[PDB]
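Summary heading: complex between raloxifene and prostaglandin reductase 1.
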Amino acid sequence: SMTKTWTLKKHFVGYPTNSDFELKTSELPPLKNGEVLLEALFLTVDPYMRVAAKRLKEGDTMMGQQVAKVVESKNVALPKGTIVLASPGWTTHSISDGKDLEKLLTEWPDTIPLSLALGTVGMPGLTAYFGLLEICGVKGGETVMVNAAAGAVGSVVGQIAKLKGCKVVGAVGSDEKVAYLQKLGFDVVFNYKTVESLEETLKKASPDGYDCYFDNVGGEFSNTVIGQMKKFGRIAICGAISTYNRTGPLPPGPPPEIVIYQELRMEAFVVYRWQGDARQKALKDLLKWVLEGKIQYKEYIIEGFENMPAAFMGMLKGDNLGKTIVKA
Ligand SMILES: NC(=O)c1ccc[n+]([C@@H]2O[C@H](COP(=O)([O-])OP(=O)(O)OC[C@H]3O[C@@H](n4cnc5c(N)ncnc54)[C@H](OP(=O)(O)O)[C@@H]3O)[C@@H](O)[C@H]2O)c1
Ligand SMILES: O=C(c1ccc(OCCN2CCCCC2)cc1)c1c(-c2ccc(O)cc2)sc2cc(O)ccc12
Ligand SMILES: O=C(c1ccc(OCCN2CCCCC2)cc1)c1c(-c2ccc(O)cc2)sc2cc(O)ccc12
Ligand SMILES: [Cl-]
């Protein structure tokens, strides 16, 4: 039994490039009692990997989740053909004792892709759900500003906000994403790379300002949005992707006088905070919503484990519409 594994040859400087990654073919030992052999089906690439990769030693395996099928088993709880969520990192084949695996929701129908397990009915969906509903605390009738709005998390934020009856202003990096999100029904969508003035565009989009800011981007973009938050506005600090691949020091922070005078609340969160019943309910709500068409899905699928680095790099550079998935 062989595996293929993507390792970090060299720490990234700026954006990664191909020579930073190295693929190793490796032999797995046999199963011991109570272990299984997992075959990757779908693997995710995610922005957090750009940051978490800084903690690895050169030669280490890249971290990440996958949908896997059990192909050999000495574990009764896990027969062959069982589909699991697993986090062995970027590897085609792996050995588990079963304690680290997660079976899908029972009510998971065969009419949606298994890979939504890594997207809208998964971690990025949960991030959206908790960031917007608990961190921003959206009630109904609010104007929500969301950036990276065609991406895995932000696309879900916007749709959840719409179904709760909020006005949504979304920023994206391409005209293709603009048109996709308008078709979806977001109230205002613009391309932040081409508008003449971000400030003016944000003002035209919502003259009265913003109640909530679901921030995926940080940096200068956020400095500008902060200038148009309403008094007591709430910012969920979900991510800061404009800084993850940045070469120099960080950009200037936000103008303190504005943050103080507008009495802003800003809270960062990590999705893994919500566990047990709270998490299970969230997942069932997301699946429900997808089954009802209240949340549409789109995926950006890259074919072949050997292109996993390219899939990661393109997502960080904005290639993707919807969740970036690698099909094994
Ligand atoms: N628990 C947490 O707190 C948590 C969990 C998951 C994800 N996140 C964060 O959520 C954000 C979105 O994650 P995702 O998984 O849904 O990925 P994503 O939105 O599917 O993909 C990343 C998107 O980021 C945008 N982007 C990249 N560089 C940018 C820049 N300099 N300025 C503006 N936009 C830029 C690009 O879209 P554009 O074409 O629109 O530029 C790119 O498509 C990231 O900040 C991620 O770290 C946080
Ligand atoms: O805090 C996290 C983080 C926390 C837990 C994670 O879990 C990944 C492993 N996985 C979790 C559950 C299943 C088994 C393994 C991932 C990122 C994030 C960051 C961080 C900061 C400092 C650091 O040294 C490392 C990472 S950056 C980041 C961006 C995100 O979009 C999400 C989380 C994060
Ligand atoms: O990486 C983390 C993690 C990071 C920091 C944590 O605590 C930060 C400070 N810690 C607090 C207690 C005292 C020591 C320092 C806990 C988990 C993972 C999780 C986490 C859980 C809750 C939360 O709010 C944020 C993240 S869940 C998880 C699963 C993994 O396989 C690996 C990492 C993780
Ligand atoms: Cl897992």
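Residue numbers start at 1 and run along the sequence shown. Just so it is clear, the values below take in all heavy atoms, side chains as well, and ignore hydrogens, waters and symmetry mates. Counting starts at 1 for both ligands and their atoms, following the listed order. How was it done? The header gives X-ray crystallography, 2.2 Å.
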Inset, instruction - Specify every chain or ligand assigned to raloxifene. - result: ligands 2 and 3
Inset, instruction - Report the member of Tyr272, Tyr48, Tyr244 with the shortest heavy-atom distance to atom 11 (C) of raloxifene (ligand 2). - result: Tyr272
Inset, instruction - Could you tell me the residue and atom name of the protein heavy atom closest to atom 20 (C) of raloxifene (ligand 2), and the distance to it rounded to 0.1 Å? - result: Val51 CG1, 4.0 Å
Legend entry - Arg55 contact mode with raloxifene (ligand 2) (heavy-atom cut-off under 4.0 Å): side chain
Inset, instruction - Give the UniProt-annotated NADP(+)-binding residues in chain A that lie under 4.0 Å from raloxifene (ligand 2) by heavy-atom distance. - result: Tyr244, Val270
Legend entry - Nearest option to atom 4 (C) of raloxifene (ligand 2), as decided by whichever heavy atom of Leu85, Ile241, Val270 sits closest: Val270
Legend entry - atom 6 (C) of raloxifene (ligand 2) touched by protein heavy atom at under 4.0 Å: yes
Inset, instruction - Around atom 13 (C) of raloxifene (ligand 2), find the nearest protein heavy atom and jot down its residue, atom name and distance. - result: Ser87 OG, 3.9 Å
Inset, instruction - List the residues forming the binding site of raloxifene (ligand 2), heavy atoms under 4.0 Å. - result: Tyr48, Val51, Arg55, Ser87, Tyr244, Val270, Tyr272
